[PDB]
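Drug present: (S)-(-)-nicotine.
Below, chains carry the letters A, B, ... as their sequence lines are ordered, and counting in each starts from 1. Every heavy atom of this structure was used, including side-chain atoms; hydrogens, water molecules and symmetry mates were not. Counting convention: from 1, in listed order, for ligands and their atoms alike. This entry, so its header tells us, was determined using electron microscopy, 3.1 Å.
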Amino acid sequence: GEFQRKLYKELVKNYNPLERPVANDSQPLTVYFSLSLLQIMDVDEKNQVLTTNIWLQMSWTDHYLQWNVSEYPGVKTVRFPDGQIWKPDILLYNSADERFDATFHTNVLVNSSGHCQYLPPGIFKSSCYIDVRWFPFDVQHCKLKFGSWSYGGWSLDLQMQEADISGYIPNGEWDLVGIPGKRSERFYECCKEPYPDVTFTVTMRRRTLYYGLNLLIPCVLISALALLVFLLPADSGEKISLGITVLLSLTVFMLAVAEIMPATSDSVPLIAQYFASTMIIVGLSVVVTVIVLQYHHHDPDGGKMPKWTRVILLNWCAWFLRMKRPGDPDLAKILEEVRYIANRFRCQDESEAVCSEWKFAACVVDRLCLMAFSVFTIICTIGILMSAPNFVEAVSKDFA
Amino acid sequence: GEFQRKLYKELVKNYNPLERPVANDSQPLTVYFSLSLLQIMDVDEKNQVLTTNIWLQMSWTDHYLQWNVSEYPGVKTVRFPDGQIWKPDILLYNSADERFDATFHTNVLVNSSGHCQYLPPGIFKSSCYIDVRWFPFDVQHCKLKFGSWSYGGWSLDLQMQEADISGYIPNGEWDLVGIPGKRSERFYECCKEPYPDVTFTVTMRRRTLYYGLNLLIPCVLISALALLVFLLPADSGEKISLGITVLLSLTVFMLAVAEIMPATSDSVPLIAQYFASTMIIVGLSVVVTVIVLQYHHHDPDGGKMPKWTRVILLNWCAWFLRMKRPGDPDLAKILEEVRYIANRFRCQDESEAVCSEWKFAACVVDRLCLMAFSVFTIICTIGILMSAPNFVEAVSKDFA
Amino acid sequence: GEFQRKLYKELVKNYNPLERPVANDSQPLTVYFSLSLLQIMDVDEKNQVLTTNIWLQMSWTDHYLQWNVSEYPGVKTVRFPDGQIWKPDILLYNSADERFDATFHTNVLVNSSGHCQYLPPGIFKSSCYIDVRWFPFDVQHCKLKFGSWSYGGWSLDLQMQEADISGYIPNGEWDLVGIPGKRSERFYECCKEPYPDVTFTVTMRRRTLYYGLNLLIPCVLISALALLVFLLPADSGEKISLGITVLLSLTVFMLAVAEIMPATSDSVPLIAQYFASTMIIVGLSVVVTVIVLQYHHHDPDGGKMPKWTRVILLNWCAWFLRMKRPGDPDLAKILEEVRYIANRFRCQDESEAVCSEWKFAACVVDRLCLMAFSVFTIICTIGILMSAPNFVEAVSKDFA
Amino acid sequence: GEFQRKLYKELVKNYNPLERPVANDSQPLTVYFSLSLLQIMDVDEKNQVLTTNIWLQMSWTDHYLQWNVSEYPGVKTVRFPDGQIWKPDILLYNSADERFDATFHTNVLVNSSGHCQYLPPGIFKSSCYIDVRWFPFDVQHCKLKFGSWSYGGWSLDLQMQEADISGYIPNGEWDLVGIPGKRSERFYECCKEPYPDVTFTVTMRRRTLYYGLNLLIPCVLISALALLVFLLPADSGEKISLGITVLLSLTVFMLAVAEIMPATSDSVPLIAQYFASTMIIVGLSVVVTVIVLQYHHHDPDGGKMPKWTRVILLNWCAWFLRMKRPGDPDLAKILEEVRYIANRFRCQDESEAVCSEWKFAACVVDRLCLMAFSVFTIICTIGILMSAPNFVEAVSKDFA
Amino acid sequence: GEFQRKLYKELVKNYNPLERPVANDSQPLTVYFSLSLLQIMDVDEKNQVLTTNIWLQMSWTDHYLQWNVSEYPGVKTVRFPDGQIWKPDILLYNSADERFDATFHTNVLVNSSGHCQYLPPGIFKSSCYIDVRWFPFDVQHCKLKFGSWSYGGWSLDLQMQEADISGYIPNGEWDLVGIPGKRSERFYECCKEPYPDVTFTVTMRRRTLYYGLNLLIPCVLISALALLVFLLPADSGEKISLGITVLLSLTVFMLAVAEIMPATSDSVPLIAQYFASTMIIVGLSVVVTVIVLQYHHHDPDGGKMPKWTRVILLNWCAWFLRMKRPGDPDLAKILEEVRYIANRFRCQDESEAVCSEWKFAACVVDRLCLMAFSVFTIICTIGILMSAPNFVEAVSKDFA
Ligand SMILES: CN1CCC[C@H]1c1cccnc1
Ligand SMILES: CN1CCC[C@H]1c1cccnc1
Ligand SMILES: CN1CCC[C@H]1c1cccnc1
Ligand SMILES: CN1CCC[C@H]1c1cccnc1
């Protein structure tokens, strides 16, 4: 329209985009900075980066971009692109994006009274410290730090407004707790001018249903299946195969899991302690199986059992476990021949009885160690999962 | 030509690219926005992003870009590049691209009567929520939201035109159901001006031939092969090897499959429930194999078989399964010695008969558990695959 | 020089880069579009993208960029950068590149008679449909679609010149069959003006030496090694171990291979059918092994063999395979005692003979199934590899 | 304000951004270059690149950007964007980034006396040589080299200021030792003008907790578990299964670990020597197990054991290990028949005794080799981890 | 300075950046092109791309950028940025970078006599053909082709200068042999003007320490460990387990290695032939193990050992290997019963002797095949490693 064309022609006249738009130079310019979180697109524990889709919200009063609506009846707002009117250079301080500024420079709306608006979208990559000590039951506080890059306190009086999450779309992995902000004033070694900033802390809680179903449950099942070695009879040579192939499967699983975790050394992750406990339990099960097979394939001629181990393993554990404890010259010379055969058979029977007693001792050791291992693994897993704080509320919110 | 050069020289004179091209400022400018889907290049279930190749279509009437063809005999249309004539700043709201605007700014055609056209191509990355609950038999509704960024209802009267899929090239993985649109008016906390938008919902159905052939069928085959442990005779100490190696192979398969799935916690994926069922079946088969081997290698001196289990496992299951149930002083002193040898042989035969009865009990348990496991596996797989809606039509469209 | 400086000063005078350089506006401008393929740097079967290094070739006549060499003795050509003289906006329609235009805008040569040249290089990512039905013996026809984006038939009369492959450097994976093209005229729903285009079809044949050596040969070898179970005597407890560890190795191999193939559902890949055949063969090998072990470890007291299976497996298969078929009162009291011992030995010998006959039946079953499985594997692999068209010429060109 | 607008209008007048801002052309311009490290975001051992988030700090005196505050009462500092005032072209020489300059060009503050400030942020990818010889106990010295690209010693007198690490945020993997620098003057083959530069050496020590917990400890555990083959009795045919499955698990572990190390050939990494030692230990354990099984399954009819090995293995090793060393015509016809049976039994017993002696020799060899292997593996691991310098202080700082 | 400002103001006056800076238009402009290699940052065998960090060096005489130092006492050189003075459009022809030009356009120094310098840095991605036939002992000749894109021979007389490698930093993987260049003149189909170019061949030799320590040595070790199956006594059912687990480990290793090689079909890589030999050796070892177990578990009643195999395997191989070759009515009725028992024992002894002879034949076959396999493996590995040229000098340079 003619009025809009005239207004645009007269508005840009004698206008310097570099100049700070204030009537009095000494007075600082008030800028209201806010944020509009839309989606936590991705968080990278390994890379310690947080990818978010947010809309920055900036607003300030421009002294030069004013006009009377009476002379321009139809024109109420005007929009200027990048590089034609003054804009605050508000950057994300802790940015992990290859280009330090990830905003998409859009137009700037202008009141009929000089008030300006600026909502540049963009996907921000911020380097936030991520705790995996309580993985997967961890809550994260990733900070977004915004502030003017080259204007100080006396120039650009930055002000905070509450972050808006009305348009936030829920993420399938992270539950948002809140996004509070805090306005802080910080000095710098360059200059004697404070540089105010606005810091937004994105507190988000990880939803642990997928991790509990795909990481914790399979390890519980495989560890419990490793205890089956203590039910296999030793006569079938499959105990070591069972134990060691279970160990190999656990090795593959733990390798795949560790493929996705940060190489941080601040503390031992909860899942790392859990996997260490499972590995130790399986290894000690294999060691006990080796001991049991030593006690089972014990040659009777090797030597008599020690009295102490004999009495304890055949009395105390049996009482505890309620196990059942098993149990003319030609004529004379033929007689002595049959005597040799019969005595050989009797000696064979005695050796067989000794070996059977050794086998029973192996079985008793096996059963007692099965009970001990089952109790220990249950107690250890329960304790490890109890140790994580907010674990009960994570369970209540996800599973229940 | 001379006429075209004169027209270009005169048309740009006193033209402001910022001004909205309307004759009456109060009246809003009508913009007809459409879309031309060409190809669904990629969808990322893990990243919850949808990559599409589309041509945006905008059209509006420009009051200033008008001329009489009589004075320019050969010139019917003119073309302006980016930044020289007014263009709507129609952006994809839910964009997951590193740069928020993925369009390639092309030329802009103009009528001889002022009507304008604008078809900027580009590959758009939009963050759409992806449901894996019914994976791989899921239908996806990924939304594309377009609307002016700085112009409200009273400024840019955005309108919807039906999406064009004439040039759409079929994708090898996803079957397009449709791309309907909906024009909605939404308020914002910034301003008291409604901002109309156009939302296109891309309804896509996944073609399940590849997934059924490469994920489901191998699991059915391996789970069925795990049941072979219940046909191996216990004498060959290989049952545990069979079952455990099958479990390890399934572990590798499920790990590789889960490598491609999003870490969402809204619901348990169908294939996740299926894998859980297969893992449980294999583990229970291994447990039953351990019990069977306990029954097989039962020492006759350990104790008499309990009356209840004896009667049930030797009468009821045998009747059910129709199994066959098997079955001077020198002379006298030599006599008593040969009596000893024969009595030893008779006791050995009695112990052998008891052990054989134990072995038959183990075989009966093994056979009945084979039948139970086969029936349970078939029923569970059929039910899980039935639970997915549109499974029947997916099968009919893909396989048949 | 002075002449060149004067020519450049006078040439740009009253020159509009937007204007189409024609003397008569009504007549269209003839543009000769060609292409110079140099290297097929990459083709992504999984992503359905083709990455090529090509030089576009454009040529047209400028009415305004003309001068007389007499007044400029030294100057024969002039060069203009991007954005200073008119250039056709010829884009790759089916572009899968993040930026829709991948050309590198270079200088533009000009005749002394107005003729123009333009050879912008660039690496083009085009989305071409890729058939893996005959993989790895497949030939691919990936299309490149070029045409003016905003000029119609009456404005830019696009013409075609044959593609140049003189400078093409051979690829180590793909053998170029040819790059023919076709110039087509297509209408659009926007406008009543046809838009001519030039489509180049890149027909390339995959060289199958690497794939045959690294995928097909190892699977033949592993499948053949799986048949060794039918030579292992059943006395050594290793048959299921062999079969199932071969199955696990094939599982790893097929997983690694399937990691590289697209998730298309148009048809079952040839290598997919081949792997399915190998998996079925190994699975049935394990099943037959379980059957043979059932036959081998058959208790003699379990029951007499069925007459039909006895006669067939001990006569017909033996004849076929030419197998060798194996085979005072004290005196009376001692008499009856030794009679008992010898009768027990005779019964033991009878049971041993029955069990040995069962073992021979198992051996005969094993041998006949070995012959059947070897024949079936050879026939199936030969048929599957024969089914692929141009397989014989692929072999002749690669191996021979 | 009016004063700010007048100052900006008058300051840019007759200003040339290309000109070096010095009053006397002959005198060089002093530029103070510093650095502000904030975070070592990522280091890539495989790619030999270091990714850091740093703020360059440059400052110089501009002769033309001076004004009297008396005439501009409110204006104390002014800010210019990129391309409008002279800036030093200080580039990172050893840059491994796709674009050689990774800085984000921000504004430049200016004193009321001409002093200028410039703190452009950016994420810098520098190619630093990385030593993996002492991995994971290595300390890295990655260099950052900065200097003017086109200004020599007589033009831009580059000067140094100490690097600032007040704002440094600790990294979860690398402990910063310090960031000292050195200012060096270097000639070039192009020109006879020295080019001063500022080189900052980023000395960082790797925190070892995660690597020791996830790489070293599992290898210790698996190697120790491989020694259990020397406790399993040879009667249970599971020794080779144990050894070879442990070897396969170690193969998987070493493959996964070697996936993350560079293909560096200056020296053998410490973890590489460690894995080589573990592989040798496991392989030699398998070889010794094969020898032990040869000794155990020695047919008595094969031949008498050599006198030398007999005496040593049954006297010296027994003394060392304190092992218990185990241990009418009708009447005549029946007579000689029973004589035959008893003589057969006696010969059988003699052969059994010889085989038992062979088995005891195998057991003694097995035990002595167990002791030798345990001692050797402990000594080798201890020595390898001792060989790394600063290992003790790394352990003290991380674990303790 | 005032002199510098005046010089810059006067120099740009009547200066056209498009014009070629020559006094006489007819004579070509001489441009001296060189290169300064700094680091071979990365080479991609799979992608056939070479990533280098180089500084292009260009120099030419500008007729217009001349001044007398007498009138400008302090000004000796001036610097112009991109787009303000003429620069050769020298591009890397065989560029594989997404943007065809990877240079970073820096400033451009100028003499006081008109001579000009230009050293743009940048990381260049070039598509160079990579031979993996002799991998890992291969030497690579990757070409970099530079030349003016738009200027021909009569316009821009491109000239060569020797490449500079004084600042080259050694790479941890590739040993640089040299970077010779060659200036060639090549015609094009577009134009009748030759286009001179400068081609630099980067000859680099791969350092084989890491590859020989992580790829070759483990394969030698695993292949040698596969031969242990020929020392295991057949009585312990672990031969097939050993051989097949070794084969599975080799499968995993070869899959991981083949993950990193190009899918080229020009020729079979040396490491591929090596892996084929190892796989064949292991598979044939498994086949021979199956044959040995057939010979060992040969029932005596199947049939007499054939005369030919009997004589050869019990005489010739025994002589070769020097193996030890092992070895009233009541009375009469009781008599005949004991005769039956004794005859049964004698027949059992004869069958045992026949079985022992079969076992000895199996042992003889096993030992001879062990010797054959060891010799064949050593010979094949030595020959394959010898076949690669420059292998001896690669070993001398890396290991020694
Ligand atoms: C607060 N600003 C942003 C970081 C440092 C500081 C600053 C100070 C002076 C010039 N540039 C930047
Ligand atoms: C609808 N627009 C796009 C998102 C917010 C809104 C807006 C309003 C005012 C200034 N910028 C953006
Ligand atoms: C052929 N052109 C390229 C694709 C669509 C078509 C077109 C028509 C009108 C305006 N822009 C584009
Ligand atoms: C040598 N130049 C580079 C490749 C082709 C040739 C050329 C010729 C004319 C116009 N542009 C490029």
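- Tracing (S)-(-)-nicotine through the model gives ligands 1, 2, 3 and 4.
- In this complex, the main macromolecule engaging (S)-(-)-nicotine (ligand 4), as named in the PDB entry, is Neuronal acetylcholine receptor subunit alpha-7.
- Under a 4.0 Å heavy-atom cut-off, the other chains found next to (S)-(-)-nicotine (ligand 4) are C, E.
- Residues of other chains with a heavy atom under 4.0 Å from (S)-(-)-nicotine (ligand 4): C/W55, C/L109, C/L119, E/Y93, E/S148, E/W149, E/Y188, E/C190, E/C191, E/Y195.
- The UniProt annotation of Ca(2+) binding in chain E and a heavy-atom cut-off of 4.0 Å around (S)-(-)-nicotine (ligand 4) together pick out E/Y188.
- Close to (S)-(-)-nicotine (ligand 4) (a heavy atom under 4.0 Å) is none of the transmembrane segments of chain E, numbered as in UniProt from the N terminus.
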